[PDB]
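Entry overview - Uracil-DNA glycosylase with fluorouracil in place.
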Amino acid sequence: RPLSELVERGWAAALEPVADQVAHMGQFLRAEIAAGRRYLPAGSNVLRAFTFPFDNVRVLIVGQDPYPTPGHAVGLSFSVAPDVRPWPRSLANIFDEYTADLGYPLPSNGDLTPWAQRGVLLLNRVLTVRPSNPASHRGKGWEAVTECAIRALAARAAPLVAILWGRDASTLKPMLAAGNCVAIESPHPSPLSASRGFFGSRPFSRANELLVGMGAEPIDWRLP
Ligand SMILES: O=c1[nH]cc(F)c(=O)[nH]1
Ligand SMILES: [Cl-]
């Protein structure tokens with residue numbers, strides 16, 4: 001399939017250099033199913049972050065790998081469907097930092113689509129996972145795809161702030177070395193890393209200050 005059937009057109013053009021790799025991934029995923037190994041999120045959600053316009057991305061959030069529990073991952077990093085409770089621990093931790101930083105009430109639900117509609121790309125370094133097996137698709141080929149995505153964003157040379165959560169930060173910063181790009185890092189919001197530096201990192205206000213510094217408009221982070 002042409003990438004234009006799977007992703008928004010700006011993203012299809014940006015990712016055309018890795019189109020074969022995306023096709024390779026689809027073959028991998030189908031072979032996993034044939035071998036009895038499922039993946040998450042749903043196939044139609046794998047590339048969901050790339051269905052919001054490439055040309056509108058102002059903030060890139062980059063996590064590690066999708067939630068491994070069935071019913072959680074939706075193809076926007078960290079997000080869940082609006083009916084999901086309890087929220088996953090990483091998301092609950094994100095929302096505590098959100099209230100600490102911004103002073104807003106806790107969100108009504110775990111659905112981050114408003115951020116995606118507002119120019120926040122909710123990416124992961126690796127775009128699939130086998131259920132119950134954290135990080136199990138590492139090294140399977142997503143990395144080249146997400147490197148192309150990140151570099152293509154950087155190459156726009158439009159104001160961009162990248163928020164890097166977790167162990168990929170040192171790998172990803174060189175990909176964001178470009179005019180009008182700034183990368184800020186912390187430990188990941190997961191259960192056993194959040195209290196080692198995620199909390200207190202204030203990414204939402206920081207990203208807005210960095211955007212304004214560059215002459216861009218800040219993100220309205222307010223969730224319903
Ligand atoms: O690194 C991540 N952890 C948890 C998630 F839900 C996600 O998308 N990314
Ligand atoms: Cl989690």
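Positions are given from 1 along the sequence. Read the numbers this way: they start at 1 and go in the same order the structure lists the ligands and their atoms.
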Where would I look for fluorouracil in this thing, copies and all? ligand 1
Go through fluorouracil (ligand 1) atom by atom and flag the ones less than 4.0 Å from a non-hydrogen atom of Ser77. 8 (O)
Just which atoms of fluorouracil (ligand 1) are under 4.0 Å from any heavy atom in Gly63? 1 (O)
Using a 4.0 Å heavy-atom threshold (strictly under), name the region of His72 that reaches fluorouracil (ligand 1): side chain, backbone, both or neither. neither
Does any N or O of fluorouracil (ligand 1) fall below 3.5 Å from an N or O anywhere on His188, backbone included? yes
Mind checking whether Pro66 has an N or O less than 3.5 Å away from an N or O of fluorouracil (ligand 1)? no
Would you look up which organism the entry lists as the source of chain A? Mycobacterium tuberculosis
What is the closest UniProt-listed active-site residue in chain A relative to fluorouracil (ligand 1), with its shortest non-hydrogen distance rounded to 1 Å? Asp65, 3 Å
What atoms of fluorouracil (ligand 1) come closer than 4.0 angstrom to any heavy atom of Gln64? 1 (O), 2 (C)
For atom 7 (C) of fluorouracil (ligand 1), closest protein heavy-atom neighbour: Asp65 O, 3.2 Å
I'd love a list of the residues lining fluorouracil (ligand 1) within 4.0 Å - heavy atoms, by chain and number. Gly63, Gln64, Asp65, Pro66, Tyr67, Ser77, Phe78, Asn124, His188
